[PDB]
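Complex: fluconazole / Lanosterol 14-alpha demethylase.
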Amino acid sequence: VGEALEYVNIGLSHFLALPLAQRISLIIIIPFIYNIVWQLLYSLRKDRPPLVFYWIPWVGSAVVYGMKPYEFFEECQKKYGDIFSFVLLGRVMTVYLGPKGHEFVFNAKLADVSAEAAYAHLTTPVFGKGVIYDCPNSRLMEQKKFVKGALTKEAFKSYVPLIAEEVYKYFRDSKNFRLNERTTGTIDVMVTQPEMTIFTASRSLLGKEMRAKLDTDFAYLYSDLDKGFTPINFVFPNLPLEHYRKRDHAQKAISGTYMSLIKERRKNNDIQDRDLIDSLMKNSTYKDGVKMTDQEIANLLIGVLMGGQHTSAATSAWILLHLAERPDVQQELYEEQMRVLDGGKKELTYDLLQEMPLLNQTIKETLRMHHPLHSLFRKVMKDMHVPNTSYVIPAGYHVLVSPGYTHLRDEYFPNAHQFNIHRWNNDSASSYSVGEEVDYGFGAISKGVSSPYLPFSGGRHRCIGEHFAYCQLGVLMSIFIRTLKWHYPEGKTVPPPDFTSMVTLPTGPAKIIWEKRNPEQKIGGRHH
Ligand code: HEM
Ligand SMILES: OC(Cn1cncn1)(Cn1cncn1)c1ccc(F)cc1F
């Protein structure tokens, strides 16, 4: 009776007096035991998707998910089906695989899920305050509208010869090529492509001043800011270490440079239609009348250039890598170049790029097999009912959607693990809406988000850099094809993806051997 409760207190007393050898042992085994008991109890709930069993509390399935996410998804899909949850470094992730998952997450109501609540911890320290995910959604919608204003057909027409010039400059001057001095050589594509991507993106979107600054020690700052863009920042966004200080310094230094150019252009009234800087200076006033600050404009520049940097560089690296073991595809692409550009006598233009279906299909196919973002997250803000199930996703959970996984399923893409650009025959468009449209604030886009092919997502958070990426990748690959042949070192093949980084770039070093199609061909212009 009450004598029982006396022994409760006595037991508590004897608990606190255990040797700290047993106490430490107990504060390990008790959370461990409770974790297992909780999961087994959790599995009784029929309004919750199945939860992947895990031994270590808090950690969850982080190790297997972090290293081989698609293999994790497939095993989980076999056991539980398309909807299942797993614990990830303190968080509960609810995965919804397949097209229905795309609809459930990408077309979720604004009040139901939050992208910025999921990503702000990562991106804000890198890009700066006030923009992208450090603001309400309505602000992001208009920022996208602003950026999209410099991403027009007319802009792409002017970008193409600029991007082309940068590619030829890189072939001429970079130590990785030097085509005027060498006719063959070995490159690491994870060295060349990030460089070619930043040179071409900077020249076209930022302008000649900012491009020129990449020829200096300023370039190291981009590398510093680069290191801040890492999954580690999802768990440890701010540790007092040098990595984080160089990042924060780089952000200030780079945004300061952008603001300097911005204020100079405005003081000289030198505001044209050259680049994204000009565009944002003329067009960055929200609908409620508030103007973006020069800091916010610079930070938006950083975010847009940085994101486009990683997605595009990774993509062109995969293209080169897949093509390295496919001389048949290089050959077919080369013939297309000769036919469309009249044996090379025509100058490449944006309009001529659109008449290169096989080149564009090659980009399209590479993006199928190598979605640079294997997982997209939203934080659940309100309890969500999953249609045609009894499942309820409580607020505090995160939903995870993965079109890249569906890209690699035989059911939706026959022989999915085979690189075949001809699966897109007479369907070379980067993507398109097969029906009704909707405008979230940055232009009419597809209402339905059910396509098995969805490398640019859909819904309010859909990519707006798709046409720029195709323009950039197109020009670049057009010139690679016309200038070089390339192949693997003996016994080398397409490397496995590095799923552990921010984008799922190839595992390096990923080397290819190039050779000039025309050994005698010289690239003009001056250099020291
Ligand atoms: C192959 C190239 C690219 C791919 C595959 C890609 C993919 C994506 C995806 C999947 C999203 C949606 C993320 C989500 O749903 O959470 C997205 C959003 C976005 N991307 Fe891209 N991207 C690429 C290139 C670019 C480029 C070149 C730019 C800029 C020039 C850019 C700027 C943006 C912006 C501003 C968003 C909006 C983010 C949001 O609304 O939350 N992307 N991209
Ligand atoms: O969506 C990203 C952020 N992200 C999400 N998972 C991993 N990285 C990447 N990205 C997508 N297209 C281009 N970059 C992004 C979105 C917008 C942006 F401005 C920067 C940025 F990193």
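Just so it is clear, chain A uses the PDB entry numbers, and the residues here are 8-535, in order. Counting starts at 1 for both ligands and their atoms, in listed order. For the numbers below, each heavy atom of this structure counts, side chains included, while hydrogens, waters and symmetry mates do not.
- All copies of fluconazole taken together correspond to ligand 2.
- By chain and number, the binding site of fluconazole (ligand 2) at a non-hydrogen cut-off of 4.0 Å is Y126, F134, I139, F236, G310, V311, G314, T318, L380, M509.
- What sits closest to atom 16 (C) of fluconazole (ligand 2) on the protein, heavy atoms only, is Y140 OH, 4.1 Å.
- The organism that the entry gives for chain A is Saccharomyces cerevisiae (strain YJM789).
- Annotation: atom 3 (C) of fluconazole (ligand 2) to nearest protein heavy atom, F236 CZ, 4.4 Å.
- For atom 18 (C) of fluconazole (ligand 2), the protein comes within 4.0 Å by at least one heavy atom.
- Here the protein heavy atom with the shortest distance to atom 20 (C) of fluconazole (ligand 2) is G310 O, 3.2 Å.
- The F134 neighbourhood of fluconazole (ligand 2) comprises atoms 20 (C), 22 (F), with distances under 4.0 Å to a heavy atom of that residue.
- Not one N or O of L383 is nearer than 3.5 Å to an N or O of fluconazole (ligand 2), by distance alone.
- Remark: fluconazole (ligand 2) atoms within the under-4.0 Å shell around heavy atoms of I139 are 19 (F).
- Distance from atom 2 (C) of fluconazole (ligand 2) to its nearest protein heavy atom, with residue and atom name: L380 CD1, 4.6 Å.
- Here the protein heavy atom with the shortest distance to atom 5 (C) of fluconazole (ligand 2) is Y126 CE2, 3.7 Å.
- Ranking protein heavy atoms by distance to atom 10 (N) of fluconazole (ligand 2), first place goes to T318 CG2, 4.0 Å.
- By the definition of a contact as any protein heavy atom under 4.0 Å away, atom 7 (C) of fluconazole (ligand 2) is in contact.
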